[PDB]
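Reviewing the structure listed below.
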Amino acid sequence: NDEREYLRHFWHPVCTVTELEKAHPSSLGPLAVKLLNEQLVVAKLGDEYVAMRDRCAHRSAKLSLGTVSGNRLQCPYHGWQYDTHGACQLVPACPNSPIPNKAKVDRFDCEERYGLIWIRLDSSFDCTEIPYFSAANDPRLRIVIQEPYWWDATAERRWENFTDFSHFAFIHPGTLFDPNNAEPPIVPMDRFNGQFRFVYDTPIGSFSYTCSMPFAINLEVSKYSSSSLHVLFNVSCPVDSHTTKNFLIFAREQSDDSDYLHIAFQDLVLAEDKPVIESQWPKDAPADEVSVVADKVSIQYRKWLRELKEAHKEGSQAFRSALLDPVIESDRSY
Amino acid sequence: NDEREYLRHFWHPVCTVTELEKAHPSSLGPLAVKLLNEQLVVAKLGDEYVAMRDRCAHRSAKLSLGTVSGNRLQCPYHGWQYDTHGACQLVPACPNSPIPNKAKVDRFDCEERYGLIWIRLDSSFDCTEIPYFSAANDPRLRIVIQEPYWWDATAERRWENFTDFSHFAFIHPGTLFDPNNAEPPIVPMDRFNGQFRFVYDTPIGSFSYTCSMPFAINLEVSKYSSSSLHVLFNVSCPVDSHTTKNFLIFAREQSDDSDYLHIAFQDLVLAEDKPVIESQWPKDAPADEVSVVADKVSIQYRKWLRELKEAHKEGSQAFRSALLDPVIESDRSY
Amino acid sequence: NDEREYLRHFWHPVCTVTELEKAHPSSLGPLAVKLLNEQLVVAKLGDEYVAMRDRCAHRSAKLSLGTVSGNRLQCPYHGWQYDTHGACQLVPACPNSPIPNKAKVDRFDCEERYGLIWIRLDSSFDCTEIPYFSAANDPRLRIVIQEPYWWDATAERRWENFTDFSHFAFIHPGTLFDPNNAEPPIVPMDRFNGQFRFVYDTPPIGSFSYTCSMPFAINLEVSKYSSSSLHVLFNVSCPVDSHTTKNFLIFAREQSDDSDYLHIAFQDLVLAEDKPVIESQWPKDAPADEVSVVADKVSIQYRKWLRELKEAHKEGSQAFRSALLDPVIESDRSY
Amino acid sequence: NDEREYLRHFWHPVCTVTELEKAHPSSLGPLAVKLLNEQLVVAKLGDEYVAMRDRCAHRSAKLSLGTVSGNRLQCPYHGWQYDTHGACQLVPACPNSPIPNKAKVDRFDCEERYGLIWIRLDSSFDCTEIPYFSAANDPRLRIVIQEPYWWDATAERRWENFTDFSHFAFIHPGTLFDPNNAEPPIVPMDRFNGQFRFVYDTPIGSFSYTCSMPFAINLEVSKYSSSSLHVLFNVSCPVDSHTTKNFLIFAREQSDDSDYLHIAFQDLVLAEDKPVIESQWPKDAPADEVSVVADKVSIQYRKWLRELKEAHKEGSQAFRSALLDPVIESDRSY
Amino acid sequence: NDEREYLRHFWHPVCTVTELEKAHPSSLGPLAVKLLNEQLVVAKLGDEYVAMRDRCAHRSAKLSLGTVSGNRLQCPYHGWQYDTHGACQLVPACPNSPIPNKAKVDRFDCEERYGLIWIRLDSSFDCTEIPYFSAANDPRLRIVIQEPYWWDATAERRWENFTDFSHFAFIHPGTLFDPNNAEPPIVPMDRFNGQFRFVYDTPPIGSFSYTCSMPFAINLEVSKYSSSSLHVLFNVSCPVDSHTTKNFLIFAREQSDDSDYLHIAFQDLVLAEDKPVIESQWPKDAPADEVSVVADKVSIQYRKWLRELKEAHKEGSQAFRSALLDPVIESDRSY
Amino acid sequence: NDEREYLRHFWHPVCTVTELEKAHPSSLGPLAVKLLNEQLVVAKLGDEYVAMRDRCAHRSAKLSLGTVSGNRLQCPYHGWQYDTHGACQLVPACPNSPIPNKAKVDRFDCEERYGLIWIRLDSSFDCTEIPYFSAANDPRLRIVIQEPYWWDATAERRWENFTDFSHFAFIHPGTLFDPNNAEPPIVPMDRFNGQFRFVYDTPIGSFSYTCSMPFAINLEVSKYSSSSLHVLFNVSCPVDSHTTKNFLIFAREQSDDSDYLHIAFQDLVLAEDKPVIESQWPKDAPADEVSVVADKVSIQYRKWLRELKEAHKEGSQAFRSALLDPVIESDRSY
Ligand SMILES: Cn1c(=O)c2c(ncn2C)n(C)c1=O
Ligand code: FES
Ligand code: FES
Ligand code: FES
Ligand code: FES
Ligand code: FES
Ligand code: FES
Ligand SMILES: [Fe+3]
Ligand SMILES: [Fe+3]
Ligand SMILES: [Fe+3]
Ligand SMILES: [Fe+3]
């Protein structure tokens, strides 16, 4: 409870734009979402995506059962109308009386990017950004947004699953395992602008990771001397202490083939991981877990996370340094 | 539960007579019911309706899985027989041994009225009565008891919903909303014999409310110089901290039409209310809720409940004064 | 709560051998089980039945989703292999590096007996044994292991239901109730070798002899003289958590030319009659306000003994062993 | 269907008044019903209960999905309005054009009696009446209408089951079987005004049957020198070749007890019969069935049905004689 | 019955391209479909969409449970491989023996157009084409293919529902009904190139222009002048069997900066309003006793033309082609 | 319909003995079964297994809802009692009157063998036997009876699936396919005593088939010079024209391992075959199916079946010759 609080300073995806537009016949929302156990409502007021606590100030009805009416969100119960800043500007029963000062609900940072809606619950440290998706605005690439998949596992466990290759022989023997390259060498890892960066070579191929902390992964797969660029972007929304809503976007240079060739393969990979990751208990990794040399990526990830957690208690400047100070191990220049 | 102890002193409805008769083929019960989170069992023993704790004194089996045999409720496990006062009168395994003095279960006030079964858990203040239903013993009126309806909402929030008119335009636009009277004014409210009394007029008819504290509403709808008296009697059973079992009885002078004309309209109104009331959270009204002048009825209701809660803690005489002292705002003379 | 602590010192059944062999196509397990709210995994590793915590030391995946390979249990995630002592012997990703010292999981005493798998979670007092079943190794008897049955009731309440007959007229009027024998009298009860022993004679030429291995096992021998028709029932509850039991019934009979299903149907009917009443008892553990009568002697004596065991366990190994194994005889019988 | 044409001349119950009122929020219907495999729609238009074919004349939509508006049944597709005689009186698309003469649907006799809706599909023989229920207009008796019960069995097999006593020891050992009277003797049976009449005595009471052909049974149970008259009225609606919708009405002098005491006992009796009657196959009694002397009631029933079937084919006068000619076996004088 | 026979001569849609690619992880199919009670399989074999009878010639297994291998459809049972003409080219069990002459399955004309797969079961008259969709290859329009919807109603009854407006006040009172325009008058109807053409003007400055490719396809263009807000709806029913249609809706719009889901929700609501009424019509095919009024001209003309086609088909190829393609003009318009 | 009639002359399994004993608490049945679209009832009367048409002669109730009472099967409706020959010997309602000659139901050959109940519907040709299971009464072998498995496929199609190896590469690539012996040679097949016999060698191993016509297969798998005998016995009950209830028995010499090792493997094999065989249509193999040289077994099977079918029309002696005349292709001596 105390230990998840620093996660409120990051931007997290809560839904696709498609899900918001399908939520209500108007295509404007409202849509109820949950983030870090907070009940929120998302709507499009004018040209602005807005996110508020899903709870009217008057008698606590859920705004997510209400209606968007121009530049206002209208509560279903007695019709109070809230503006983009969460302040009531119309009490229909008392339309000439002054509106109480307390007639306001909490409003949160809310922004569309890459076809997802992102929410940042706490902006007080002013140093976090929506994660990096390298394929955005690259006209060589066809971009496809998959439907979200829900797992009974935490965002940390899902991240460590995504960036590990030790498990291919046992979970993915027919899909991702390469029998002639069964053990990946330890690779150098760099911290730069709040991202982990690391690259694996075959050099016939290349797996280039840019991971915006804490839960987003951008993987570029290129074949050298060939035009086979494939990008996977995966980000987990920490819905509550046990549950993730996960988003996978993929982009590809060679787009003459079917989208569903890649979707079916990706779904097979996910279905192989899913029961094993859901079995991990307790849901958060305890201090007694035993690491080996091949676990470099997750060891370093856990190391960074607890630095961020300690820096959050020390305040805005400690946190900004912990997040954004470079730490270079490789030969690359940034 | 500390905060709802004072509710144990009121009469609460727990089932209809029909539900009790239908529970078991005997037609005498037993029927399990829950009131203020207490598990009770109701039965008809001889000519009397009885309510007991649903827990055998011997080995704690549910008496509600037992059998009514004349004027005994027989436990299903070892067949101990309990009389109308909750005292065991037969131990079948030791039929000539004396029955231990501890072989009794708590027995509560239990009375039929208007075709409902009513239970008062604590009679020690001796100053509460079954709520007032004005159509009873009026031979001009046909009386119908609807089937009970369960809501995931508290009795307080249900009462506030029933007595509010600000919500009609938004929840009931095509059923109850009157655009010829879109904002009923604030009215005088009287306290008299433990009831709230208040009337709303046309601007030719009237809505006359007699509300027996804490959870019953008697509403007489008249149209002037017509034989068109309609009466709605609604009462919420506070089952536990998040649930109500609700009862609606209605009476009408004009009785040549179908009962189901009124039931289907009343059910449609209830269905419009239900999702919004059940969305309200937290279940009990917290202090941060924001009232406006049009909430007079709700504000005064919350105030009286607070007074009853405080007076209960001060004892029998304080509670009795808080409940039955008259407080008149209108020009009426009772 | 902490009042269950002393129960970890006994052997409890967790599954049938059949359940273990059906769990996984290899017929070696693994199988997940739960005992006193502990999540365990059972597998057949070589010629041994082994019980471990169902949690890999590396990244906490469930070993019960993995595979037996040779004499080892292999985790489904990164393939660490654990031996019969719970120690990791292979890290596939680092096959030449040294295996970390803490690469191990807790292991528990585990044994097959009578076609059930038994686990003891705490062996430090070392004074308890697997319950007694009188029919094993008796070639006159056909033995049948029933499918386990799950009840939303504690093991103590289940034991008291099995040993009571006050309830026959009301729960079993058409199955077990005998109208010409409605009141079995109170009988002497012996403590011996950590068992309750007590015998009901028929005055109708028979006998019901109970040997109840504390805390949750019951061996009932029925003799219908003067006939060669011995019938043995063996019932034991696994305390799965604070609310739930997984129950095992094994029955044996001398006259075994009739159908097994004649007996299984009858027993299943008896169990179905008991089930809703026992599951309705609340709260789940019997509080101090229950009102006993003279006919409840067996139940009263059972609760007194569990209370002694629970108090002796707080005073340590030697006190517990005396409470469990000291004899207390009140019948006229030899031992 | 060739063999059941003669049944169209009788009055058959299709629903209770309650079912009709509950079908749609209007309380006026429409309700879809099926009789002798004909799809019909029932509605209350003005003061009249009407039955029509459930098939609009225009484009064959189901009128049962439409709306009752006063004294019109409105088709849901293009809104044609049908009056109480089945004639279209408004074509909304051509409101001043004349309505084609073919714009009518077949309309059938439809009458309320005893709280049931009754339909006679063919009135051309003008010699059949709604079955006799002896307790109607007896002010000493409380009358209760049970909910209808559907069986996968024909109306003939249901009737034979209700009037047989040979089965009590085997289907009803603990409910109806009397070991003090284990084999009721064969009795005289009378034909009178289209009814079978027969009485069984004690060896102090009597079972007096008045059976209006073909599917109704009126059973008066008396105990001598007591005010204990019980009446059961049972009638099967022949829905199609393998299904009945059955109606049970019961009346009683002693009315201080619960209606549900009797309903639950009557429902238990029905539940004992149901699986055996539904197992009978083929659904219609073939010629190879083997009767014994104790089947007198069933044998004479089958004979009268055969005569009615033959007489129908010979025409109105033959059918009327076959139905209403008296055939007396008893010493009674009607 | 045999009254459906003439329908085999037209092109009918059977699935979306999306449905075909999702069917099997290879994204090449195969996918089982049903058209006029024929069980077919569709697969992408090389650069061609191919339709065959979904029944192997060897032992009658369903090819739709098999696999595309190269440019061939391989049966799941014994692995016979069929080419784009339905001829077996490999018998894995007898790889050197000659392949039996009758080792082949029926194949059918199959083409992609507008993102749907179309099949013609009988090509012997060779005079029908794939229906016309006015929005294809118009770069001013955003085109959206909806998910197919299944109704328990025939394709003829579905077509008459789509082209009627008599029903708006009663089925669509809050969606399509216009209170200031409740009675669209009767309009002239043209037959041209096997299409019905007819146009409704607004006296409210608009236009509804129908091009209906017989028998079951409807292209509706809506112009809301004087604005650049052209909207095109294209609806076509697949007659799956005597009782059932699988329906495809494609819509196109010029103003495409709003959400696709604004339009999809509205259209889905319209369809949900129609569905129970249309499915309630009985019997499934309209009998001779239905009573028409003057407002039903479109429906009356539609049924007359289908009757001609059905009669011309019994007289052969040349008669059918004239019935389908002869012009019959009653408007004042150019063609 | 006409074409399945010759199948009534063979013995077919309808249930396990276990299923019969579990059907009713008595362990004696009755159990309803279906064979070649006939509704039958099976019960144990004394020491005899009996099979009758599931239809009482009196009023056609199902005897399978009745009760075994010593040496009688008692109908649930009016309690008629049938003896082991299907003749009613007690009419409870008329216990002294002569029982009608027609009071009899059809009785069929019924016999236990190998833990299954077999029924022969037509014994008129007197030349068929219960199929051969080679492991019965071999004390070296542990015998296990699996639970029956139901397929939506005919008995002929299931038989041809069981005796074919062409399909291993495609249906069983991981279970039964042997990559170094991918094409089995054509083998000689012998007809002897109504069995097909044929043997496949590896000679390190051996698959020896004895197939009692028409639906039973006995497969002995032995490794030469080793004691690895494994027997599979599979027989299909032709329940109706589209459905089989299939029985698998297996026996093994090495029985120190778990029964469920073999059961799990066998279930995996069956689950691989099942969707492909259920897809075959039409359900019976038409004349247009195209065979290749590798289909010898099924070609010869289809050849024998149509010989039996033609011989059935020519009568008892033609059929006996067609079934039991030897036709030897191999070197073996019988
Ligand atoms: C040939 N064969 C087998 O060899 C086999 C089997 N099931 C298990 N085995 C081992 N089946 C169904 C089978 O047809
Ligand atoms: S609760 Fe939102 S306006 Fe009243
Ligand atoms: S628990 Fe009620 S009598 Fe024993
Ligand atoms: S979690 Fe078990 S090997 Fe990694
Ligand atoms: S179908 Fe009834 S009005 Fe058209
Ligand atoms: S059925 Fe297709 S290859 Fe045999
Ligand atoms: S139907 Fe079987 S005894 Fe009457
Ligand atoms: Fe993975
Ligand atoms: Fe309301
Ligand atoms: Fe009966
Ligand atoms: Fe196979």
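Residue numbers start from 1 in every chain, and the chains themselves are labelled A, B, ... in the order their sequence lines are given, proteins ahead of strands. First listed ligand is number 1; within each ligand, the first listed atom is number 1. Header lists the method as X-ray crystallography, 2.2 Å.
Present at ligand 1 is the drug caffeine. By contact count, the main macromolecule holding caffeine here is known in the PDB entry as Methylxanthine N1-demethylase NdmA. Those other chains that come under 4.0 Å from caffeine, heavy atoms only, are F. Within 4.0 Å of caffeine on heavy-atom distance sit the residues F/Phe162, F/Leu232, F/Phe265, F/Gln266, F/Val269, F/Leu270. Of all protein heavy atoms, the one lying nearest to atom 4 (O) of caffeine is F/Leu232 CD1, 4.0 Å. Atoms of caffeine lying under 4.0 Å from at least one heavy atom of F/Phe265, given by number and element, are 10 (C). Summary of contacts: the protein heavy atom closest to atom 2 (N) of caffeine is F/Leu176 CD1, 4.2 Å. Short-range neighbours of caffeine under 4.0 Å, ligands and ions only: none. Among all protein heavy atoms, the one lying closest to atom 1 (C) of caffeine is F/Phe162 O, 3.9 Å. Protein heavy atom in closest approach to atom 8 (C) of caffeine: F/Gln266 CG, 3.3 Å. The protein non-hydrogen atom at the shortest distance from atom 6 (C) of caffeine is F/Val269 CG1, 3.8 Å.
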